[PDB]
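All remarks here apply to the structure that follows.
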Amino acid sequence: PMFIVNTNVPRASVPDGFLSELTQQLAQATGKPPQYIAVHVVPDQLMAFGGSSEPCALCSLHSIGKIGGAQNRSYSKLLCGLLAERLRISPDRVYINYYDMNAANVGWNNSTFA
Amino acid sequence: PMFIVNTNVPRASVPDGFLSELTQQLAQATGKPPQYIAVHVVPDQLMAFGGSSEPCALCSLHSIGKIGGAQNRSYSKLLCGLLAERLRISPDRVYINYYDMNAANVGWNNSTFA
Amino acid sequence: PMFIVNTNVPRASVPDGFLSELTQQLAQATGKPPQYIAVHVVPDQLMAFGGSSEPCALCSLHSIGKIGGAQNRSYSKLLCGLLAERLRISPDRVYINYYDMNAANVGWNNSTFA
Ligand SMILES: CS(=O)(=O)Nc1cc2occ(NC=O)c(=O)c2cc1Oc1ccccc1
């Protein structure tokens, strides 16, 4: 799985250990080994949410499976929780787009997962 | 809805008020309240279009519905218009990818929109 | 088509001519004329892969068509190969998401491709 967070929160406000925390928590939540988890955080972004420049985030979670109604609610609670605790972003100022990727459409190590 | 612009135009060339303008114009065009519109501009990017580094943009519009043939033509005229007027990017050096998101695949406020 | 690479490799390690090489090699591989190819490279990123901050990349390739089982395998071999040679990224630390875009969902030059 791959999780990306784009935020206007400044780099200095991203705490040490945040990528490792996301890796671990996402491994746990998706039921996958951590070796499969990639995380990417992009601070200092020029963004607004509802026209306000208050802290906000625009994120994506891509996975081969483990995406669906209930699962996505559970990921959103987990992820908005981390963003609120660590980056002081209100959950109502977070959007997370979820993508169920087909194995044939994910490249890795010179091939795909198909 | 969420609109992202990645461009090689420099940060100083993004006018003050641009994120607000995009928010308002997209609220109008989508017919959704502005509280739901998120906008994200990423200048100073290492980019080419057609092998040239003249000003260009790579953009994305995600919406739960309000995506389709005619709508997307209208959005493209609107958004290329804004990018040409405000950032001086030629419409033929803009790509916009449109995504009709399922409500279950959009996380917000600890849950999803399903 | 549009190809994006996000990486923790520093900007100074991205060689001159990398965007042009990606453009040409993508045109070779997809068959699309080089005038239609857009490329975007984002270095200096805060990312991890498998919980490690060794060199890695998260990429995307969007195209109207020219996406599928065998094509995507071939793109991955190509693109991992370029990343390894030019940016010294191990192929097993690269993910590439492939998107077959509907023509109605790609804006350009004030309209869409539908
Ligand atoms: C890069 S692409 O993946 O978005 N595809 C294309 C990009 C293009 O850009 C410029 C064009 N004309 C003048 O410039 C095009 O006609 C054009 C066509 C593209 O492909 C198709 C293939 C079948 C149906 C619809 C579109």
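The chain called A is the first sequence line; B is the second; the pattern continues. Note that chain A carries the PDB entry numbering, so the residues on display, from first to last, are 1-114. We number chain B the same way the PDB entry does; the residues here are 1-114, in that order. All residue numbers given for chain C refer to the PDB entry; the residues shown span 1-114 in order. All heavy atoms count here, side chains included; hydrogens, waters and symmetry mates do not. Just so you know, ligand 1 is whichever comes first in the structure, and atom 1 is the first atom listed for that ligand.
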Looking at ligand 1, what drug do you see? iguratimod
Iguratimod: main contacting chain per UniProt: Macrophage migration inhibitory factor
Counting heavy atoms under 4.0 Å, which other chains neighbour iguratimod? B, C
Closest UniProt-annotated active-site residue of chain C relative to iguratimod, heavy atoms to 1 Å: C/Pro1, 3 Å
For iguratimod, note which part of C/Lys32 has a heavy atom under 4.0 Å away: side chain, backbone, both or neither. side chain
Distance under 4.0 Å to a non-hydrogen atom of C/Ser63: what atoms of iguratimod satisfy this? 3 (O)
Shortest protein heavy-atom distance from atom 17 (C) of iguratimod, along with the residue and atom involved: C/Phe113 CE2, 3.2 Å
Which residues in chain C does UniProt mark as substrate-binding that also have a heavy atom less than 4.0 Å from iguratimod? C/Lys32, C/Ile64
C/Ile64 versus iguratimod: do any nitrogen or oxygen atoms come within less than 3.5 Å of each other? yes
Got the closest protein heavy atom to atom 14 (O) of iguratimod, with its distance? C/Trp108 CH2, 3.1 Å
So which heavy atom in the protein is nearest atom 2 (S) of iguratimod, and how far is it from that ligand atom? C/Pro1 N, 3.7 Å
Among C/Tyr36, B/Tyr95, C/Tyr99, which one has a heavy atom closest to atom 15 (C) of iguratimod? C/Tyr36
Just wondering, which residues come within 4.0 Å of iguratimod on a heavy-atom basis? B/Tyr95, C/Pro1, C/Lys32, C/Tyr36, C/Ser63, C/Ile64, C/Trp108, C/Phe113
